[PDB]
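Note: structure shows chloramphenicol engaged with Esterase.
Naming convention: chains lettered A, B, ... in sequence-line order (proteins, then strands); numbering from 1 in each chain. Looking at the header, which is where the method is noted, we find X-ray crystallography, 2.1 Å. Whatever order the structure lists ligands and atoms in, that order sets their numbers, starting from 1.
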Amino acid sequence: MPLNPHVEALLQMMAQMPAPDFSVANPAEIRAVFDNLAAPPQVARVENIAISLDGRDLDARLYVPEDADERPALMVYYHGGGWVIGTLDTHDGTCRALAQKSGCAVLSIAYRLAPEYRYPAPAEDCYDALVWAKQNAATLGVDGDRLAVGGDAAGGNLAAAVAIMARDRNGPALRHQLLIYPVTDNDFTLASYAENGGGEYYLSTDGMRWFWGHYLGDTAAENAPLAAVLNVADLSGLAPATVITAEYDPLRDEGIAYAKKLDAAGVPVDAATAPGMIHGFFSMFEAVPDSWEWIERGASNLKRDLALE
Amino acid sequence: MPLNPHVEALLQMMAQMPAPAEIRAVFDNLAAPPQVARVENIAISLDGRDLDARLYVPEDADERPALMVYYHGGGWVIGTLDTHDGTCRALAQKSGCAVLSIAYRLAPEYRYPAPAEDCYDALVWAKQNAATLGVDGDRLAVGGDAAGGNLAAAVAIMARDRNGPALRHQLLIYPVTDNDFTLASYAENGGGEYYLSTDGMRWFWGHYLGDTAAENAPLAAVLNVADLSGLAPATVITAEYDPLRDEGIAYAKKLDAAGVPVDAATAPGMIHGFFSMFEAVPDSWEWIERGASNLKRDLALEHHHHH
Ligand SMILES: O=C(N[C@H](CO)[C@H](O)c1ccc([N+](=O)[O-])cc1)C(Cl)Cl
């Protein structure tokens, strides 16, 4: 029986990886190379946390990075997955990566998912969770005065909405919003949807129709102000943003767009499209070494806006 | 910029894989660590030393589940709770049993027999502290991959010889059982193009034994133990393109010959370490499932009427 084709593709992929050319095979070197290969990014502590809110319990996970401060700043993170899928486990690597590179604690929220809980519910979970974290800051062991929200894809959509909710509802003061290739609108005619939406690049335009439909259900996009945050008339007074888009992401244009509108309304923004990258690439750092550059970039903005002043 | 070549290689890797509640069931389980209900970082205080441990309790385990005590691989020199986290989650999930992953002390800092005595002592702790762990101390099993399967095999032998915890199973995943590098699979598979090399194994063995000759290390080269009878029923899963294939098979044959019930097979087309590769190689799941299924059978819950 010949080599399993997938094992072959794995071996090829391991072979095209950045050499760690330690000059000699001693136990410390071999250990570092195997840990780099086979373990998720190291953090000091990971705590499975139950968040009891009015009406509902949400699972969450606290990541505390090695060499963080006594009481580090916190970013409350919202996984992506089109408001329909995604778990704490699918984004465990991404949260660890961000925590490691920012030196910030990261609290990842398992908000309730559509269609079971259609739009207003998931964003209310995410907002109520940021509130919970603020009010239980000392109990988590973090500084609730240095708060951020972040998220990828649908999660970036939720983080933008929470930032809006926190400004409108006069909630937790946020030092940053980290938006990683975020969903911002349901206009599927955009250039990048034609260019990138065929399914060739993981995420497809039809996927996004499917997601949006499950999230909104019977609500009209126009009657869903925290869904298409791109359509929010006024984006002034929002937390400083980082908006990283990907070149071959169907969401690229609308994400780029939102960043422009934030910059228009006065919000400080670092905004970049990652060359050669697809949707979901923050989560692909194990196979795509170049993902780390952009992870480091976003975390570097967080580390700056969350500094103990 | 052109599409990133690592990204493009990843994309064709996904494309190379065949095929709301059902949709989540699939996509949540690709490129992600398998979900379990509870994961607890545990410290084990033994005589002379404290070991790190991690307890995995899967979804839909019994009120007081069976326990497999698991020993990671890494040639007795490398590996952590973190490097084998994914593997432990997969086995807990597919078996329905709790899994206790043990961070035994590593060679060359701690040479044979130290890592083995850690692994045995951790089993005895787990049985003694079953109420503390919330598991059923009468439904115990050991397991491990590579040098971890070696340690599991050695522990099953020690538990037998020392009137130690009764074991219902030993799951041995492409185990190291001997340092005979003359064997066929080393010549065929031990070149280095298949992850593990004969040279790698020499290195590991050198670090593990130190000055001690193999002939004086029966709990290391378990293939040189005379009487394997009365040992825990075994699963021994080897890999076609693994240098360790042949000594794994040999150990299985000797288990069987001694009257130990053994499920033994060679995963066709697979390399050393493929149980840990299930995110990239979904066909690994077939073998994970078989191994975990044998665990589940031998760690069977007792009868309870439901009326
Ligand atoms: O023993 C070794 N690796 C073993 C292979 O069994 C280890 O079990 C392992 C390999 C790969 C892996 N992964 O890619 O997640 C995890 C563990 C050495 Cl050759 Cl580095």
Exercise for the section: Write down the other chains that contact chloramphenicol (ligand 1) with heavy atoms under 4.0 Å. Expected result: A, B
Practice task
Do me a favour and list the nearest non-hydrogen protein atom to atom 15 (O) of chloramphenicol (ligand 1) with residue, atom name and distance?
Solution key: B:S276 O, 3.5 Å
Exercise for the section: Measure B:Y174 to chloramphenicol (ligand 1) on non-hydrogen atoms and call it side chain, backbone, both or neither using the 4.0 Å cut-off. Expected result: side chain
Practice task
Would you please determine whether B:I78 falls within less than 4.0 Å of chloramphenicol (ligand 1) on a heavy-atom basis?
Solution key: yes
Exercise for the section: Extract the source organism field for chain B from the entry. Expected result: uncultured bacterium
Exercise for the section: If you have a sec, work out which protein heavy atom is nearest atom 10 (C) of chloramphenicol (ligand 1) and how many Å separate them, to one decimal? Expected result: B:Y195 OH, 3.0 Å
Practice task
With heavy atoms of B:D145 as the reference, note each atom of chloramphenicol (ligand 1) found under 4.0 Å away.
Solution key: 8 (O)
Exercise for the section: Please report which non-hydrogen protein atom sits nearest to atom 17 (C) of chloramphenicol (ligand 1), along with the residue it belongs to and the distance in Å to one decimal place. Expected result: A:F34 CZ, 3.2 Å
Exercise for the section: Return yes when B:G73 approaches chloramphenicol (ligand 1) closer than 4.0 angstrom through a heavy atom, no otherwise. Expected result: no
Practice task
Could you tell me whether chloramphenicol (ligand 1) has any atom less than 4.0 Å away from a heavy atom of B:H84?
Solution key: yes
Practice task
Go through chloramphenicol (ligand 1) atom by atom and flag the ones less than 4.0 Å from a non-hydrogen atom of B:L196.
Solution key: 19 (Cl)
Handout entry: Identity and separation of the nearest protein heavy atom to atom 1 (O) of chloramphenicol (ligand 1)
Key = B:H272 CE1, 3.7 Å
Problem - Contacts of chloramphenicol (ligand 1) at 4.0 Å, non-hydrogen - result: A:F34, A:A38, B:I78, B:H84, B:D145, B:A146, B:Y174, B:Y195, B:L196, B:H272, B:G273, B:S276
